[PDB]
Amino acid sequence: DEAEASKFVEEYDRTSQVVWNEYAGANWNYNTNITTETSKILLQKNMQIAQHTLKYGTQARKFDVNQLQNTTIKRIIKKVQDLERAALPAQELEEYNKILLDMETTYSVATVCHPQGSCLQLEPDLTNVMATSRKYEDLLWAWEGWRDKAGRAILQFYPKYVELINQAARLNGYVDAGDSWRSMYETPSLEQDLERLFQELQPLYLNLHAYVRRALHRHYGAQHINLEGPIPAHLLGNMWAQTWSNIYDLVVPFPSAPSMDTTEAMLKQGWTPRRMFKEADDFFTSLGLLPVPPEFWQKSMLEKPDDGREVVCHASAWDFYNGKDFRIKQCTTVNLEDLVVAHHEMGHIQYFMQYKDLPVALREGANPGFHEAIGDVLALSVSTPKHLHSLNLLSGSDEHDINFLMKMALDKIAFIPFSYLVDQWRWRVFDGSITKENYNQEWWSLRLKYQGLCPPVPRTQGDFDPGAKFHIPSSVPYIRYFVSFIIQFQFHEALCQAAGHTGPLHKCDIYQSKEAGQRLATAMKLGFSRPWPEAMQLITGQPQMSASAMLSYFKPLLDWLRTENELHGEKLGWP
Ligand SMILES: *[C@@H]1O[C@H](CO[C@@H]2O[C@@H](C)[C@@H](O)[C@@H](O)[C@@H]2O)[C@@H](O[C@@H]2O[C@H](CO)[C@@H](O[C@@H]3O[C@H](CO)[C@@H](O)[C@H](O)[C@@H]3O)[C@H](O)[C@H]2NC(C)=O)[C@H](O)[C@H]1NC(C)=O
Ligand SMILES: CCC[C@H](N[C@@H](C)C(=O)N1[C@H](C(=O)O)C[C@@H]2CCCC[C@@H]21)C(=O)O
Ligand SMILES: *[C@@H]1O[C@H](CO)[C@@H](O)[C@H](O)[C@H]1NC(C)=O
Ligand SMILES: [Cl-]
Ligand SMILES: [Cl-]
Ligand SMILES: [Zn+2]
């Protein structure tokens, strides 16, 4: 009966708001204030939101969704029938919740210490080492140290996490957790679709990789860089080698065309974390999109507390499920990398605000990729030399242009293989083809195969390098970032065309375009109410994911890399 189904969705929606709001409160409090106490209230509210999920979920499963005519209702009920962890028996649920908490806590409080010297946390200290040291041995100390302290300490938890997450997936009708994660795209051809996108980025990626390898060879010496082999994973300016723009100084295409020290510019001009968020807010409002509410400025944690409070530093954006309270929790350092991060997070806030009037079951991105893409799209415009000039962080030439595209490539292109491999690994862990006997080995096998990277120190038994990357102990799916990086360029392209830009796509800055804002807004308003091809069609006027926009953006760089690599005789790739 349609009327009983409609009443159920109404009752689900009012009751979810309340319970989700409380849960979000306690999680927030833990995340911003890791103590025995907040941890206990968190584990408590876990049981509460599960009891709600189990009640409504058991109700939802009694409806034959086949017989439902209204498609919105049908879709809400189908999703409520998935209980996630709340399908587990009470004992296993308690253990699962404890395992997650323990993994996240371990990661978030790990330090790496010099004997008789000072301890370094990941943010800011170890991050700053990976970004600015140009000494092999110091990079190595930070890279190995982090894996020794974060990664190896996660290993004790991960087999049990895999068992429980998979058990929950099976109890919701999936074959394993990885199947459940992939189902969020509602795209049976996902794996194939992503593989093809990955393959189209290989020319750019291999040419980038070879040119960076050459430059590393020049700086670190021939005894440390094989010009036909993988790059050591500690030399790319980032703990995970997932983005390479911190080694821009080593790889500048045109060192004659100098570029401002944007960090020193930000610092010298008294930028603060608050200023960084306010500029993102200005950009969203310039498009005719929504401002963040006053409450956001009062409640968000935009820098690392100095008061001895221990926190989850890893930046994140929060929906409190009442349509009024949205926040960001970021340990913001004043630099360009973090400004892009602030935009990314403000993009999530903007989405929470555009879909806040949907039923809570439909308050998500069209697919998780879309959620990740919004803030990045704006940041692409922010990053342009012309925009950075207007912010007084930079001072025509082909030389400055190739330099710019290189800077962008070191972020965008370098991330393509990393973002692809993380869930290639986890999918295989979840489906049981990687056991705990070879977690680490299979990880490095994909690091090699996709990114062309090798470990600077041979791994041993007891290593679990995956555990040294946040998303792994925190159980946050990763393929969304791969989708994001592809579709963000398609969105930029479409927004630029809508805004009347002509000329090379990389020169576009959509600041203040209402036409561009209006496309984003009508897509974000759909939330999860329709298949994601419809939101794609709304923004871009076609319904597929496609690498052609990102290739078009980087085409002048591709031509330059090819000429450069050919001139030097590079052999692209590695064995
Ligand atoms: C299938 O059912 C959906 C959902 O219906 C809504 O949710 C149910 C659980 C019940 O509570 C329904 O009584 C309830 O309306 C229908 O979608 C809804 O359609 C209405 C009217 O077309 C939309 O209303 C708009 O509301 C805005 C304010 O937000 C007004 O300013 C607009 O002028 C406009 O009238 C409403 O957004 C929409 N709801 C959702 C969540 O999508 C749908 O129409 C129906 N399909 C069929 C076959 O009729
Ligand atoms: C709970 C998820 C937090 C996550 N935190 C950010 C900082 C994050 O982990 N990442 C990913 C990462 O840092 O591994 C890459 C992604 C794209 C560029 C901006 C930062 C984004 C996010 O907001 O998606
Ligand atoms: C941190 O948590 C403790 C223990 O729950 C609490 O008593 C204290 O007031 C909190 N500090 C902040 C900054 O909220
Ligand atoms: Cl690693
Ligand atoms: Cl995802
Ligand atoms: Zn994100």
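Note that chain A carries the PDB entry numbering, so the residues on display, from first to last, are 40-434, 438-617. The figures that follow rest on heavy atoms only: side chains count, while hydrogens, waters and symmetry mates do not. Determined via X-ray crystallography, 1.9 Å. All ligand and atom numbering here is 1-based and tracks the order in the structure.
Of clotrimazole, perindoprilat, peramivir, praziquantel, only one is at ligand 2: perindoprilat. Per UniProt, the macromolecule in most contact with perindoprilat is Angiotensin-converting enzyme, soluble form. By UniProt annotation, the domain of chain A with most residues touching perindoprilat is Peptidase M2 2. The search for other ligands and ions under 4.0 Å from perindoprilat returns ligand 6 (zinc ion). What sits closest to atom 23 (O) of perindoprilat on the protein, heavy atoms only, is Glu384 OE2, 2.7 Å. Scanning all protein heavy atoms for the shortest distance to atom 17 (C) of perindoprilat gives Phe527 CE1, 3.8 Å.
Counting only heavy atoms of the protein, atom 13 (O) of perindoprilat lies nearest to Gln281 NE2, 3.4 Å.
Ligand-side atoms of perindoprilat in range of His383: 19 (C), 21 (C), 22 (C), 23 (O), 24 (O), range being under 4.0 angstrom from any heavy atom. Residue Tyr520 touches perindoprilat through its side chain alone, judged by heavy-atom distances below 4.0 Å. By the criterion of a heavy-atom distance under 4.0 Å, neither the backbone nor the side chain of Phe524 is placed next to perindoprilat. Residue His353 has at least one N or O atom closer than 3.5 Å to an N or O atom of perindoprilat. Residue contacts with perindoprilat leave out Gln369, since none of its heavy atoms falls under 4.0 Å from the ligand.
Looking at atom 1 (C) of perindoprilat, its nearest protein heavy atom turns out to be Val518 CG2, 4.1 Å. For atom 10 (N) of perindoprilat, the nearest non-hydrogen atom of the protein is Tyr523 CE2, 4.1 Å. Perindoprilat does not have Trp279 within reach: every non-hydrogen atom of the residue lies 4.0 Å or more from it. Of the protein's non-hydrogen atoms, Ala354 O, 3.3 Å is the one closest to atom 3 (C) of perindoprilat. Heavy-atom distances between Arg522 and perindoprilat stay at or above 4.0 Å for every pair.
Close approach of perindoprilat to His387 (heavy-atom distance below 4.0 Å) involves ligand atoms 22 (C), 23 (O), 24 (O). Among protein heavy atoms, atom 18 (C) of perindoprilat sits closest to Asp415 OD2, 4.1 Å.
Note on perindoprilat: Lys511 sits in its first shell, one or more heavy atoms being nearer than 4.0 Å.
Measured on heavy atoms with a 4.0 Å cut-off, the binding site of perindoprilat is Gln281, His353, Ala354, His383, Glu384, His387, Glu411, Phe457, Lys511, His513, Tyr520, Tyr523, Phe527.
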